[PDB]
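Presented below is an entry in which one can find indometacin.
For reference, positions follow the sequence shown, starting with 1. No hydrogens, no waters, no symmetry mates; every other heavy atom, side chains included, goes into these values. Start at 1 and go down the list; that is how both ligands and their atoms are numbered.
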Amino acid sequence: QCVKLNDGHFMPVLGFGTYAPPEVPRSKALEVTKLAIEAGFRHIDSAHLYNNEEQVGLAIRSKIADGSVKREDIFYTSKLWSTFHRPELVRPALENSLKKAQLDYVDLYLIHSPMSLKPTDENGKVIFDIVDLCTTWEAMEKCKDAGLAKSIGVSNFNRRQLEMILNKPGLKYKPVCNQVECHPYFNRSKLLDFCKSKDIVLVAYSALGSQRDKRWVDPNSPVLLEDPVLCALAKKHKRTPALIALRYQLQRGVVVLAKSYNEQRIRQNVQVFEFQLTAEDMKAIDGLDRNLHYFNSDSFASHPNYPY
Ligand SMILES: NC(=O)c1ccc[n+]([C@@H]2O[C@H](COP(=O)([O-])OP(=O)(O)OC[C@H]3O[C@@H](n4cnc5c(N)ncnc54)[C@H](OP(=O)(O)O)[C@@H]3O)[C@@H](O)[C@H]2O)c1
Ligand SMILES: COc1ccc2c(c1)c(CC(=O)O)c(C)n2C(=O)c1ccc(Cl)cc1
């Protein structure tokens, strides 16, 4: 149920996505993260940006206190926000996340995105900052050495951006993973091949087609789970299009996140371990790739470090 990371730690291959939009009451993250642990999720994905680390933390603490799980059974990820890339800001950001969650360590700390921000303009484009991410990475390594994070990694990096870290003089720890948008309409095959060649785990987010946030996502973009190929695979397997999309990533060797704030769907998504897709099913899903990143807004697309 886990994969061994390149620093010797283990990451469960199914993770629970904890982001919900601002209109969902903060209290809901506490309820649903408890439900996710009850259903059998052990990898829990959060971030400073999600404004939910207090609630997600309390859910973890509550399920430890009631005997359901031990802390060593949970794999909890947080992430460094883009206004904290200057290296002197990295360990204080991580300490803040640890304080909000009331944890002694995170299992994984990620650079959330390569697009550094000043610690929006009149045009509505984010105000970029120019930071050498190798210096941010050195600060992340110091966080692992201090024991604040068991493992460190990155998110939203392209090949070139990952290479800059991998080729850094005096590198101490490689990133254990690159968490990126990844689903049948944007399957990141070339990037997955590169990550495998460097023993970096690719972690898929928006694997179910994202929450379609108006800020970032064109409403005209076709809806992943209404795709007829996925719908026909779901009917053939007597599963659901979400379970087809999750199973596809596991069979490729990608670790997959799934967000749900619905009790039935949370319980459904752990069924991904209960069935397999055939070679022909996998080829049919591979045929859907159309270079569609749902995140697609003017506000980021002209950032100097935009990864697409
Ligand atoms: N690193 C980054 O830059 C980044 C960016 C985006 C997301 N993430 C992480 O990835 C997590 C997952 O991505 P995401 O939030 O974009 O959502 P997602 O996992 O793609 O899920 C999209 C929608 O699928 C629905 N859903 C879940 N299970 C389903 C099922 N069995 N059947 C039908 N619909 C189902 C959910 O709605 P209901 O809640 O109504 O079930 C959810 O809103 C996020 O929560 C966050 O942890 C990271
Ligand atoms: C589908 O593509 C994305 C990409 C990033 C997303 C989201 C969706 C959502 C919403 C969702 O998950 O559907 C959130 C909240 N994102 C962020 O966390 C985020 C992280 C880094 C940056 Cl620089 C900007 C935004």
Original post:
Which ligand entries or polymer chains correspond to indometacin?
Top reply: ligand 2
Original post:
In this entry, what is the main binding partner of indometacin, named as in UniProt?
Top reply: Aldo-keto reductase family 1 member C3
Subject >> 4.0 Å heavy-atom contacts with indometacin >> reply: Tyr19, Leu49, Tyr50, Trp81, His112, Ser113, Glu181, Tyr205, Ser206, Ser210, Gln211, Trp216, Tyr294, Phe295, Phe300
Original post:
What is the nearest UniProt active-site residue of chain A to indometacin, and its minimum non-hydrogen atom distance to the nearest 1 Å?
Top reply: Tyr50, 3 Å
Original post:
Under 4.0 Å from indometacin, which other ligands or ions appear?
Top reply: ligand 1 (NADP nicotinamide-adenine-dinucleotide phosphate)
Subject >> indometacin atoms in contact with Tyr205 (distance to a heavy atom under 4.0 Å) >> reply: 2 (O), 3 (C), 4 (C)
**OP:** Can you sort out which atoms of indometacin are near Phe300, meaning under 4.0 Å from one of its heavy atoms?
**Re:** 23 (Cl)
Subject >> Atoms in indometacin with a heavy atom of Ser210 nearer than 4.0 Å >> reply: 1 (C), 13 (O)
Subject >> Shortest protein heavy-atom distance from atom 8 (C) of indometacin, along with the residue and atom involved >> reply: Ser206 OG, 4.3 Å
Subject >> Numbered atoms and elements of indometacin in range of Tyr50, under 4.0 angstrom, heavy atoms >> reply: 18 (O)
Subject >> For atom 19 (C) of indometacin, closest protein heavy-atom neighbour >> reply: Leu49 CD2, 3.7 Å
Original post:
Under 3.5 Å between some N or O of indometacin and some N or O of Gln211?
Top reply: yes
Subject >> Shortest protein heavy-atom distance from atom 9 (C) of indometacin, along with the residue and atom involved >> reply: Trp216 CZ3, 3.8 Å
Subject >> Under 4.0 Å to a heavy atom of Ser113 - the qualifying atoms of indometacin, by number >> reply: 23 (Cl)
Original post:
In the protein, what heavy atom is nearest to atom 24 (C) of indometacin, and what distance, to one decimal place, separates them?
Top reply: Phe295 CE1, 3.7 Å
Original post:
Measured between heavy atoms, which UniProt-annotated substrate-binding residues of chain A are under 4.0 Å from indometacin?
Top reply: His112
